[PDB]
There are 2 protein chains.
Amino acid sequence: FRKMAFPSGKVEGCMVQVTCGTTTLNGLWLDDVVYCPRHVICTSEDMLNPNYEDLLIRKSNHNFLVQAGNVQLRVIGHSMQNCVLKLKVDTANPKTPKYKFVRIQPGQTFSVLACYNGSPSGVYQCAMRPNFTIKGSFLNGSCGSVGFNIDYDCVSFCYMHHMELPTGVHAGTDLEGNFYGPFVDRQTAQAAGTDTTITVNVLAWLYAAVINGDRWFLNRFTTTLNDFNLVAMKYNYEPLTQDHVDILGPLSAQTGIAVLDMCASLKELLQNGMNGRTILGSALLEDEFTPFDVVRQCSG
Amino acid sequence: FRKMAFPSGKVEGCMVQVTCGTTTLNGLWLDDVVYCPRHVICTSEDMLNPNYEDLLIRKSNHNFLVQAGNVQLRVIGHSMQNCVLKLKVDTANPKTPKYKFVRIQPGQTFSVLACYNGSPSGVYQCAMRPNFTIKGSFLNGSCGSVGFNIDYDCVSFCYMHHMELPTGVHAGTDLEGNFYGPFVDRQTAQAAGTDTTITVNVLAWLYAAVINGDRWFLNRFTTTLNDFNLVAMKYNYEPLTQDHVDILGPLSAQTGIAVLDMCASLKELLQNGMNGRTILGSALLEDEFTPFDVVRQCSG
Ligand SMILES: *[C@H](O)[C@H](C[C@@H]1CCNC1=O)NC(=O)[C@H](CC(C)C)NC(=O)OCc1ccccc1
Ligand SMILES: *[C@H](O)[C@H](C[C@@H]1CCNC1=O)NC(=O)[C@H](CC(C)C)NC(=O)OCc1ccccc1
């Protein structure tokens, strides 16, 4: 059972290089609009305490160098929407896929196409942590790299990368420029909340495990929703609602294991640990597979 | 530190659907040639003990239904090269990337574009095990899905998926149709050798860990190449040669840690275990990152 990313093809043909002064980073070219982090306009000094309006006013269209591979793009318009810069260009992207912009909830997953100088380097699947960070692989220049889900032919862009934190975790925005979490595009010490495990994702993965013939963690015991949540809250697991239980229904019915019997299996792993054993070749409990990711991988 | 796959775009535009009788699977459309597993010609009954020459002789070009998205392709020629079928078609693939065919060594890594009915569903990074299997996510119809590395603009195709084994691991061929390992495209119980850990990959990942600020596993001790190998062979680790040490040189010089000091760190993890601790958020020792994968991710 592999952590699979979406095919990156449709997104690869939207990645452009954006330079403003010294600073270079990645932009997303959809229709006649390039989207990038607004901090492209900042010098290393500005990043400490920037007035973005004031900094942006000193910039004209011709200050923005947007390159797609070997072709230069002329900017005919620029605006700031929250923490993203929208550069209007002359040429609509011929490779623009059917797309929308979505703001995802904590615990949902997406594919990141990690880019450097408008050029894709690699793809991976990650989860939006309950504390609105991501544990990712982002070097300097990776900024403007985007997160996406693909439904049929439609790319849903959910994330654009802005910054790494002292923790080494990553913060960024939706494609409207609203940060996930309490974070600002400013170089100051910024605390992410205490992170919690995505309980509904872990259960989904225990169902994935059953389906793939790993059943050892299954026990005789059962439990209640309340009695479980009091174990969850102890072990910094996100509490389980009836919505979470209803979302797991397909997997419960597929394997013939009631959600609350699986919950009881989990308690004994949380209380007793793993005992040196593994589940789908993993010594830890995996929470970066949604119930939807598990069903889509198990049915293809 | 994420397990990153290559961007799949260039490979996505080469995936076609191939049907012969009832059996449907994926093909790779490069120039005027489609490549697929030869077992596309087998009925469920034939797969038990097939005479491929005899089965192929009963088939003519017009028996092979090759579809690319919504466009049908006429076959003007068919041949068997080892375990792959080469279908010559009228139309050269317009989306054919610069490509070559390579046979990789055990312990090397590649990206798999998992496909169903000629349509890409997802991408992941895996290693060719020392026993020439891969631990992958392949449902029925996934056959013909390909493994690849990307150097600059050049796709190097190394693997095509043929079969799952009783173990639940996966076997397949190079693009010339030669199986990795002792496996045959036949539905019989087939034993993979005892698998070993890719020692040079694990060391590369301990260097990745140091670079990313996780240094706890580092010890005062050192060791010798022989004294280490006698611990390696005990713990089913592939023995370490001077070639392996020379390949780790860049990472040794980058972090200022001699290979043999890292080897000594590893012994104490093999002998004492992990102690409930983690390294780059993993409770096990990771062997699916090559020294090349580590340097490319750490320099972008
Ligand atoms: C944008 O390219 C860059 C991405 C960083 C670089 C290291 N890892 C990343 O994810 N982001 C920034 O330069 C960003 C700028 C602020 C105005 C938001 N600051 C940032 O990431 O925090 C400082 C930092 C720099 C280098 C390593 C770790 C943290
Ligand atoms: C090709 O589409 C298919 C891929 C298998 C199906 C389950 N997981 C896979 O990787 N391969 C076969 O059907 C193959 C045919 C032989 C002639 C090589 N046999 C195979 O994979 O072994 C039997 C098997 C079937 C279903 C589940 C597990 C093993």
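The sequence lines are taken in order and lettered A, B, and onward as chains. So for chain A, numbering is the PDB entry's, and the shown residues are 3-302, in order. The residue numbers of chain B are those assigned by the PDB entry, with the residues present covering 3-302 sequentially. Ligands are counted one by one from 1 in listed order, and the atoms in each one are counted from 1 as well.
Present at ligand 2 is the drug GC376 (bound form).
Looking only at contacts, the largest set of contacts to GC376 (bound form, ligand 2) comes from what the PDB entry names 3C-like proteinase. Every other chain with a heavy atom under 4.0 Å from GC376 (bound form, ligand 2) is listed here: B.
Heavy atoms under 4.0 Å from GC376 (bound form, ligand 2) belong to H41(B), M49(B), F140(B), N142(B), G143(B), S144(B), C145(B), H163(B), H164(B), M165(B), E166(B), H172(B), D187(B). Nearest non-hydrogen protein atom to atom 18 (C) of GC376 (bound form, ligand 2) is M165(B) CB, 3.5 Å. Residue contact check: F140(B) has heavy atoms under 4.0 Å from atoms 7 (C), 8 (N), 9 (C), 10 (O) of GC376 (bound form, ligand 2). For atom 10 (O) of GC376 (bound form, ligand 2), the closest non-hydrogen atom on the protein side is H163(B) NE2, 2.6 Å.
Among residues UniProt marks as active site in chain B, the one closest to GC376 (bound form, ligand 2), with its least heavy-atom distance rounded to 1 Å, is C145(B), 2 Å. In chain B, the residues contacting GC376 (bound form, ligand 2) fall mostly within the UniProt domain Peptidase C30.
The entry models a covalent bond from GC376 (bound form, ligand 2) to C145(B) SG. Shortest contact from atom 27 (C) of GC376 (bound form, ligand 2) to any protein heavy atom: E166(B) OE1, 4.0 Å.
As recorded in the PDB, the organism behind chain B is Severe acute respiratory syndrome coronavirus 2.
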